[PDB]
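Overview of a structure with dovitinib.
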Amino acid sequence: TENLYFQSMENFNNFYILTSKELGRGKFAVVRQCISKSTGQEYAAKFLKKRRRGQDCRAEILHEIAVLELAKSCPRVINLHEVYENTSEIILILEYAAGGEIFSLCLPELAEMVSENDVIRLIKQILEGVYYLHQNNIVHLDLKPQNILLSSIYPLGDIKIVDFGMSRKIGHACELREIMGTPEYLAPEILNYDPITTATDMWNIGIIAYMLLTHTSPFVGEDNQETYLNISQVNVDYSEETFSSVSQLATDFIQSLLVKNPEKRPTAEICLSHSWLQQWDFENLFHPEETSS
Ligand SMILES: CN1CCN(c2ccc3[nH]c(-c4c(N)c5c(F)cccc5[nH]c4=O)nc3c2)CC1
């Protein structure tokens, strides 16, 4: 039956070799490192299954590629290089991010806390990306720490937002796919079936900052029941033990985002002006208001 649209699998295997480094696996998706045979350049090949739960999902995948294509120009978003297709898969040849997931910097078992300088930088960069997406009426809707990557870890590199499979336009219906995300990263409005808002992304940015500063998930519980209660009650550990080494300004940033009412959360643009993220690079010469004149 189906005619293929994208570049042939025979061309894929001619131009690239897969490496033994599997990068991620989900129910309908596998990501594996590959190398260009001609240049030696590394990429991440994302293999997306077209058939899902009975459904022909090529239209969905095409939409995901449209979104990636629009957002390509923003350096905080992962870059799409090529697309290939075979009987069962559409394969995205994406930018390789050698640092892996920002989640690795949030793990309880990591001993080194990332410096405040670094957390500030990383949050700024994530906000720049989200600002760009929101300016183009794209809500990501799955901004879990596993979907933000780093270009390197030694030294600490730059941010790349990935995985636009849940992304929608502003004010689209909160449907069966939304209410099925990762339970601990879902916003209150998602649980309560309110429509999609840019504010949902901002809540997720609150979580990322909390996780970078405390190495603890703010809402996960005993069970998913307690997770959902924690989300809907907005029950967050701000205790002095957890926050003794976290600045007030960072606390303020998180608290202004982790609020039940999506309309009270500031926009990406306003967040970029937050006092917390205003930092002078000590290597630059500051030019004060009182001039030599
Ligand atoms: C020592 N180091 C630790 C981190 N290590 C690592 C682990 C997992 C990683 N995943 C990706 C990756 C994607 N998962 C990915 C995507 F899911 C969508 C779009 C583009 C992507 N590009 C990627 O590069 N890089 C990783 C590096 C490399 C070795």
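Starting from 1, each residue takes its place in the sequence as its number. The figures here come from the full heavy-atom set of this structure, side chains too, leaving out hydrogens, waters and symmetry mates. In listed order, ligands and their atoms are each counted from 1.
Bound to dovitinib with the most contacts here is the chain that the PDB entry lists as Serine/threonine-protein kinase 17B.
Looking at atom 2 (N) of dovitinib, its nearest protein heavy atom turns out to be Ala98 O, 4.0 Å. By the 3.5 Å distance cut-off applied to N or O atoms, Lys46 is not counted among the residues near dovitinib. At under 3.5 Å, not a single nitrogen or oxygen of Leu149, backbone or side chain, sits near a nitrogen or oxygen of dovitinib. Residues of chain A contacting dovitinib are concentrated in UniProt domain Protein kinase. Protein heavy atom at the shortest distance from atom 25 (N) of dovitinib is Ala97 O, 3.0 Å. Protein heavy atom in closest approach to atom 29 (C) of dovitinib: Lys21 NZ, 3.7 Å. Of all protein heavy atoms, the one closest to atom 22 (N) of dovitinib is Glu95 O, 2.9 Å.
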Which N or O atoms of dovitinib sit under 3.5 Å from a protein N or O, and how far apart is each pair?
{"unit_1": "dovitinib", "atom_1": "22 (N)", "unit_2": "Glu95", "atom_2": "O", "d": "2.9"}
{"unit_1": "dovitinib", "atom_1": "24 (O)", "unit_2": "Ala97", "atom_2": "N", "d": "2.6"}
{"unit_1": "dovitinib", "atom_1": "24 (O)", "unit_2": "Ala97", "atom_2": "O", "d": "3.4"}
{"unit_1": "dovitinib", "atom_1": "25 (N)", "unit_2": "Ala97", "atom_2": "O", "d": "3.0"}

